[PDB]
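In what follows, a single structure is set out as structure tokens and then discussed.
Order of the sequence lines fixes the chain letters, A, B, ..., with proteins taken first and strands second; residue numbering starts at 1 for each chain. Readers should note that the entry appears only in part, and the reported contacts come from within that part. Every number for a ligand or one of its atoms is a count from 1 in the order of the listing. What you see below is based on every heavy atom in this structure, not just the backbone, and it leaves out hydrogens, waters and symmetry mates.
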Amino acid sequence: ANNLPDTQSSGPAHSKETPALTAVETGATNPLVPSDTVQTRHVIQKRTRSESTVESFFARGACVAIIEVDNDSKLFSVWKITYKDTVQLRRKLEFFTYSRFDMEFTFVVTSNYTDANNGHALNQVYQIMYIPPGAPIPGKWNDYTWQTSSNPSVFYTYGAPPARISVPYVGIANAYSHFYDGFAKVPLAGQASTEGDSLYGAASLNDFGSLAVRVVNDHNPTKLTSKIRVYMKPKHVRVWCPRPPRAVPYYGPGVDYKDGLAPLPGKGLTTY
Amino acid sequence: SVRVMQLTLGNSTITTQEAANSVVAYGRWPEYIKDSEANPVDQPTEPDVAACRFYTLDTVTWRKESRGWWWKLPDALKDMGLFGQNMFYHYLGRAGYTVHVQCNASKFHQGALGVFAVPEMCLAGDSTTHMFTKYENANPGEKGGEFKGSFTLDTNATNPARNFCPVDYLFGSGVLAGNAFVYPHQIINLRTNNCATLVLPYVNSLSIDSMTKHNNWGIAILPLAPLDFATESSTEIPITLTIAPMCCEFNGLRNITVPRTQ
Ligand SMILES: COc1ccc(OCc2ccc(COc3c(Cl)cccc3Cl)cc2)c(Cl)c1
């Protein structure tokens with residue numbers, strides 16, 4: 001996040017040192033600066049790379065999900081936690097193979113009457129319950145699971161500033177894997193083809209669990225719908241192994257492609 | 001004294017025996033770009049004596065009916081010797097100036113000319129289409145332009161003139177001319193002086209810019225008190241304009257620029 005070096009003045013040359021010539025076969029990039037190939041003046045550099053630090057690049061709340069609940073089973077909804085339901089944050093994360101950070105979740109809740117001239121309801125309160133992989137998932141908008149004696153819940157009152165909570169680095173590995181070239185199972189010799197088969201590039205069937213959202217108020221016959229837009233921001237970021245960015249449209253959770261396979265336009269070789 | 005001076009730049013010298021001091025705009029003398037304010041990294045060219053010398057643009061004539069004249073810098077000097085060559089061969093250019101306006105008469109003549117140096121002197125157009133003045137009209141070169149006594153809207157839709165319509169009392173830009181004194185200036189009152197001398201530093205929001213796309217200064221000359229003589233309804237006295245670029249430095253050399261004309 002710092003300063004750039006100054007340009008030193010450089011005069012003419014006539015020597016056996018040729019920085020302009022190189023050999024990219026080695027796998028290295030030629031570290032030339034302007035003064036290597038032209039005469040330069042002294043410039044005191046004041047520009048910095050403060051905004052392109054790994055932290056500043058991700059320091060934005062991106063939408064990862066839009067959970068919908070109809071307060072007239074739709075009285076409650078469950079969202080399997082992921083960053084792949086949307087494309088924008090996903091593409092930025094995928095510039096790297098591994099990552100490690102904390103997360104900040106902000107929830108923007110909106111609601112409205114479906115009918116322009118019918119129904120009425122008192123102010124709604126929402127419960128956003130996190131169900132860690134293993135915990136019982138709600139079957140009804142009002143069954144015993146909503147007691148949350150151990151699961152973390154967030155109760156949001158409609159109209160209040162967006163709710164917000166922080167989550168630590170929760171991975172079971174030392175870093176989050178954006179790419180996993182493997183399987184969760186190894187098919188063994190002799191077992192039925194139905195056996196030992198698993199998805200390519202998938203780890204746990206339930207990585208991070210899911211969110212169960214519901215309106216706590218008793219539902220009125222009035223037609224109402226609410227939407228909880230989930231925004232996530234990685235804070236305290238560290239990333240490893242850069243990768244080229246996604247060039248064609250995403251086709252699922254994997255690196256699969258199908259449709260926009262011809263991303264580049266035509267342009268004449270000798271056309272400026 | 002305040003009245004006698006001699007200016008020498010390169011191979012050119014100007015003498016005056018009736019000056020009224022000289023003005024140094026904003027109290028800043030022209031200078032070269034410092035390393036702490038430098039932007040383009042390539043080695044600059046500094047023609048020095050070949051470009052920083054006095055160039056005499058065309059002489060205009062003042063009559064009882066004149067409304068005023070205007071020029072744009074570096075535009076008015078684009079065809080001036082090696083200054084013009086360097087201007088067109090380089091992407092970027094920077095320069096300050098010494099503007100010397102000349103106008104002598106006699107002890108029986110009257111009149112006062114207001115000579116103003118305006119940074120970013122944007123002028124008003126002639127159509128209902130905003131910012132419609134075309135490049136060729138905005139950059140007249142050494143011949144410059146003239147102020148008018150009234151606004152006249154160009155209505156030829158088939159062939160719009162796309163020119164300026166600078167009304168004099170509106171300073172050609174929608175402001176009152178009497179307030180133009182907030183800009184560096186001098187007055188050539190015939191009963192007092194022969195000339196006006198202004199030293200202009202480079203003014204811009206950047207250290208260096210494109211001289212072909214952008215005019216930094218504008219020179220406006222308005223008759224504050226009209227020309228009058230003895231009893232000759234007929235009177236004409238010339239106004240000669242001599243300008244010298246200062247501290248010229250250019251960056252970004254390539255093939256020469258040949259702008260479209262007329
Ligand atoms: C590589 O990029 C990643 C890695 C992991 C991720 O998710 C891990 C994750 C694990 C638990 C929770 C649970 O967080 C919550 C809690 Cl406790 C209470 C209330 C609401 C929430 Cl929301 C949320 C996200 C995401 Cl979205 C991107």
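Between BMS-387032, PRT062607, R-econazole, SCH 48973, the one at ligand 1 is SCH 48973. The chain forming the most contacts with SCH 48973 (ligand 1) in this entry appears in UniProt as Capsid protein VP1.
Lab note - other chains with heavy atoms under 4.0 Å from SCH 48973 (ligand 1): A. Organism of origin for chain A, per the PDB: Human poliovirus 2. For SCH 48973 (ligand 1), the residues with any heavy atom closer than 4.0 Å are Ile81(A), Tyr83(A), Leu93(A), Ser99(A), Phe101(A), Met103(A), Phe105(A), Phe107(A), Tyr130(A), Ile165(A), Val167(A), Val170(A), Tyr176(A), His178(A), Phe208(A), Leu211(A).
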